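By convention in this document, chain letters (A, B, ...) are assigned in the order of the sequence lines, proteins followed by strands, and residues within each chain are numbered from 1. Indexing begins at 1, ligand by ligand and atom by atom, following the structure's order. Cropped entry; intra-crop contacts only.
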Amino acid sequence: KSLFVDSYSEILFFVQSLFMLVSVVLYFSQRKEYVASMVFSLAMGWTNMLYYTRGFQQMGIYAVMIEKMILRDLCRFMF
Amino acid sequence: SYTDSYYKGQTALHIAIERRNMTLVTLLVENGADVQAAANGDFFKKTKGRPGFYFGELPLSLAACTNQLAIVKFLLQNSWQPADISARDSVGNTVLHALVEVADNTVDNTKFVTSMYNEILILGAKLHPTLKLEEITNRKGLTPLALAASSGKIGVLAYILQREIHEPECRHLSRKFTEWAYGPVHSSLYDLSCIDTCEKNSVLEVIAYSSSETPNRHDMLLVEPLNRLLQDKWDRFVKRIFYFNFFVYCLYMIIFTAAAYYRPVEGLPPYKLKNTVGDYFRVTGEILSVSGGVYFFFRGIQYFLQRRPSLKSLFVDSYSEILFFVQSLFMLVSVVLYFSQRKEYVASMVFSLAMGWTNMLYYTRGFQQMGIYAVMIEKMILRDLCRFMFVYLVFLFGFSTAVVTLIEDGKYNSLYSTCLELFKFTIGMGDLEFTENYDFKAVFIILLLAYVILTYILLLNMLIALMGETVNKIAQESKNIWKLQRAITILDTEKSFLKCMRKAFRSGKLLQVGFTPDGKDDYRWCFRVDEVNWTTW
Amino acid sequence: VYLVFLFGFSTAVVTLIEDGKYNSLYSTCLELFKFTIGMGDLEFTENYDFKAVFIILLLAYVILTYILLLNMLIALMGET
Amino acid sequence: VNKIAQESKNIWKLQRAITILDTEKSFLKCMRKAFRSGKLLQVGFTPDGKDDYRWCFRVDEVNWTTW
Amino acid sequence: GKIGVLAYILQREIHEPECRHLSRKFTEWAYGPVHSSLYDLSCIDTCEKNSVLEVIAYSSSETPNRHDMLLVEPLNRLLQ
Ligand SMILES: C=C(C)[C@]12C[C@@H](C)[C@@]34O[C@](Cc5ccccc5)(O[C@@H]1[C@@H]3C=C(COC(=O)Cc1ccc(O)c(OC)c1)C[C@]1(O)C(=O)C(C)=C[C@@H]41)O2
Ligand SMILES: CCCCCCCCCCCCC(=O)O[C@@H](COC(=O)CCC)COP(=O)(O)O[C@H]1[C@H](O)[C@@H](O)[C@@H](O)[C@@H](O)[C@@H]1O
Ligand code: NA
């Protein structure tokens with residue numbers, strides 16, 4: 001429960017790495033579906049750039065608000 | 001005294017004053033202590049990167065800066081060795097400069113700083129009636145008033161500009177006078193010496209041309225006589241000239257627009273002038289447009305030289321000067337390319353044209369509602385749009401790279417086409433099925449839906465929310481910045497003035513007291529303000 | 001403010017365009033106004049040279065009007 | 001956002017602290033300069049005659065009341 | 001997450017003989033309005049196991065005031 005309610009940046013970085021590794025396995029398994037994994041890594045990788053907006057008060061507060069919105073309001077609205 | 005460089009000059013009198021021990025100070029003065037001994041070690045200097053405490057280096061300034069009125073009086077009027085009230089430290093600062101220096105605009109600090117300043121002026125008048133302390137300048141050429149204005153010490157400035165002294169033989173030290181008072185109504189007079197105009201450091205010039213790092217530069221113009229004075233200068237003199245400038249700029253842009261719109265379409269400039277009316281008008285418009293470009297170019301150079309911004313103040317402040325200069329740069333580059341027989345001059349010209357119209361917003365100052373609105377636009381661009389565009393571009397590029405990787409041997413299959421096609425979602429034109437040149441349709445549609453939700457649904461509404469948070473907070477800041485913008489406009493108009501007009505000097509030369517310390521009578525260019533109050537009859 | 005931006009960028013774009021269907025202040029003004037109502041084409045013509053300049057002008061216009069000014073309007077109406 | 005502005009400021013300070021600690025724990029170079037603030041003698045009088053060196057961190061303050 | 005007790009301890013100063021050594025905030029030198037304090041930092045910056053910074057930053061996210069505890073003066077200045 002602590003694994004998800006907080007420390008969500010580390011989870012996102014880990015999920016990126018999982019997508020990369022599944023892409024590697026599918027690449028050597030002679031399956032074209034590795035591309036499907038790779039792009040999800042790639043997109044996710046670029047999005048994780050926002051992690052480095054910590055250490056800047058303005059940008060960091062902006063990214064913190066994105067996290068809070070995704071957790072509360074986007075989920076309620078999407079339901 | 002100490003001889004090491006760090007505590008150099010500190011002597012027992014400094015320690016005695018520092019300890020607040022009246023008895024030891026009296027004893028040391030009795031025994032021949034030097035009341036002019038300057039503590040000029042490194043510790044007693046400003047030196048922001050090191051510990052220390054600047055107080056003007058002198059025992060009198062040390063007492064004044066530490067809220068010890070009794071020691072100040074004793075040092076000034078003791079029998080054994082009176083202190084020189086007009087003394088100056090290594091920086092040239094007198095005691096009053098020191099009192100300005102220690103100010104920090106907190107209530108408790110400002111209270112004693114203003115009171116001690118007042119007391120020193122009273123004593124200076126009583127001991128030296130012919131001496132004018134407030135006209136002494138330090139090594140920077142700044143009087144205590146000019147120093148207070150330049151350093152942003154709004155509390156001290158607000159004290160000084162409306163200082164009123166109700167006692168004999170110190171009336172002439174006042175700067176706020178009451179001329180007549182009938183019922184609840186009375187007409188006061190503000191001095192305005194060295195506010196409106198003076199040798200170098202006019203208070204208005206010092207505030208307006210501040211280096212953007214001064215703490216209260218936006219707030220200082222709220223001090224009463226300054227706000228009223230700028231409104232008076234505006235209404236009487238500058239409103240008309242500013243409107244004329246705006247009209248001329250509008251004519252300039254209309255001529256530029258017409259000259260550009262009817263450019264000839266054949267290749268390889270320059271184009272032969274045809275002997276017809278339309279072409280004489282076109283080439284006339286071109287010449288005027290290039291002329292205006294040259295004018296703004298040289299105005300930009302003049303601004304740069306007259307201010308000499310230090311490559312950070314060059315960009316963090318004075319955006320309008322940069323924008324007008326860049327417009328002129330595009331115009332000149334366009335001229336060069338035109339006569340270099342390159343069609344790329346069109347590429348330059350249109351950029352100038354676009355900037356030329358957007359710089360029209362410069363003239364929204366001079367209208368309170370539009371001026372404040374334009375300031376809010378500026379702050380939105382600098383804060384919210386910049387943050388949003390960073391985050392948005394990160395998202396856009398990330399998902400464009402993913403989608404273009406997924407696409408293979410398609411029409412799009414390129415960063416430009418896919419980036420453009422995903423950007424179309426932001427402007428409400430996203431196709432959502434723009435290609436089928438892939439395998440794994442589920443992956444493609446998932447990527448697009450994730451992109452749409454993250455950018456279109458979450459980020460844009462978040463931008464709206466944050467802009468709402470911002471406007472709630474920048475109302476007063478926007479009004480203050482607009483007032484400062486108009487103040488700069490007023491000063492620049494009056495420094496140009498183009499006619500050697502003396503009416504720009506406002507307020508009229510009235511006699512305040514007519515009795516200085518000597519028999520002469522004092523005329524002091526006062527500014528009249530009527531007030532009404534229904535208490536304190 | 002919106003009309004100032006609209007006219008400025010309309011004049012820039014129509015100056016860039018040459019011998020096209022649009023090539024006129026009215027048509028280009030209308031075509032840029034379509035961005036405001038969420039119908040902006042963003043590739044409505046190719047009768048020019050310097051495609052980079054054309055797209056840069058449109059992106060600048062969109063960013064300044066659509067993203068900044070309309071959302072700023074919503075914020076200001078909310079304050080009012 | 002009007003309700004989480006302040007909480008956001010605090011969270012920003014928090015994860016900057018987390019970054020600092022992770023950097024110091026990784027450090028990849030056997031750098032000992034990360035132990036800052038310098039070993040100063042605080043009191044010089046422990047319960048016995050010894051003096052205490054306590055790695056103190058200096059903070060300057062200015063106050064215009066309570067002379 | 002007992003921020004009140006932490007705020008007391010980290011800047012504890014006891015003014016009497018034979019209890020000075022218990023303080024964690026010491027005043028080295030003083031002038032007029034200026035004076036320089038010294039904070040102890042034992043078991044804040046580093047120690048055997050439970051540095052205060054490690055305990056706060058790696059809190060379990062159920063600690064009530066974890067966001068606020070870093071506002072206590074010596075901690076915030078140390079982190080900067
Ligand atoms: C919360 C979980 C871990 C999450 C992980 C993935 C699948 C993710 O989809 C979500 C579910 C989702 C899907 C579609 C729209 C919204 C949300 O949201 C995030 C997660 C949603 C994100 C949000 O991006 C961010 O939060 C940037 C960021 C902000 C703060 C941070 O501290 C941070 O640390 C890296 C990263 C981006 C994706 O990882 C991404 O780029 C892709 C392709 C899908 C997004 O699952
Ligand atoms: C291709 C097309 C691109 C056009 C891009 C630009 C669009 C905006 C154009 C709007 C024109 C408005 C203008 O002409 O300039 C605006 C600034 O707008 C911007 O933000 C430009 C961002 C770059 C006001 O400039 P100002 O000189 O008043 O600056 C203030 C100081 O004077 C004052 O003393 C204070 O220190 C205050 O803090 C300062 O801010
Ligand atoms: Na649409």
Asks: I keep wondering what the drug at ligand 1 is called.
Replies: resiniferatoxin
Asks: Counting non-hydrogen atoms only, which other chains lie under 4.0 Å from resiniferatoxin?
Replies: A, B
Asks: Which residues, listed by UniProt as resiniferatoxin-binding in chain A, lie less than 4.0 Å from resiniferatoxin by heavy-atom distance?
Replies: A:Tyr8, A:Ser9, A:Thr47, A:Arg54
Asks: Okay, next thing: residues with a heavy atom within 4.0 Å of resiniferatoxin - which are they?
Replies: A:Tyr8, A:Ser9, A:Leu12, A:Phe13, A:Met44, A:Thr47, A:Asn48, A:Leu50, A:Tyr51, A:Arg54, B:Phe399, B:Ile453
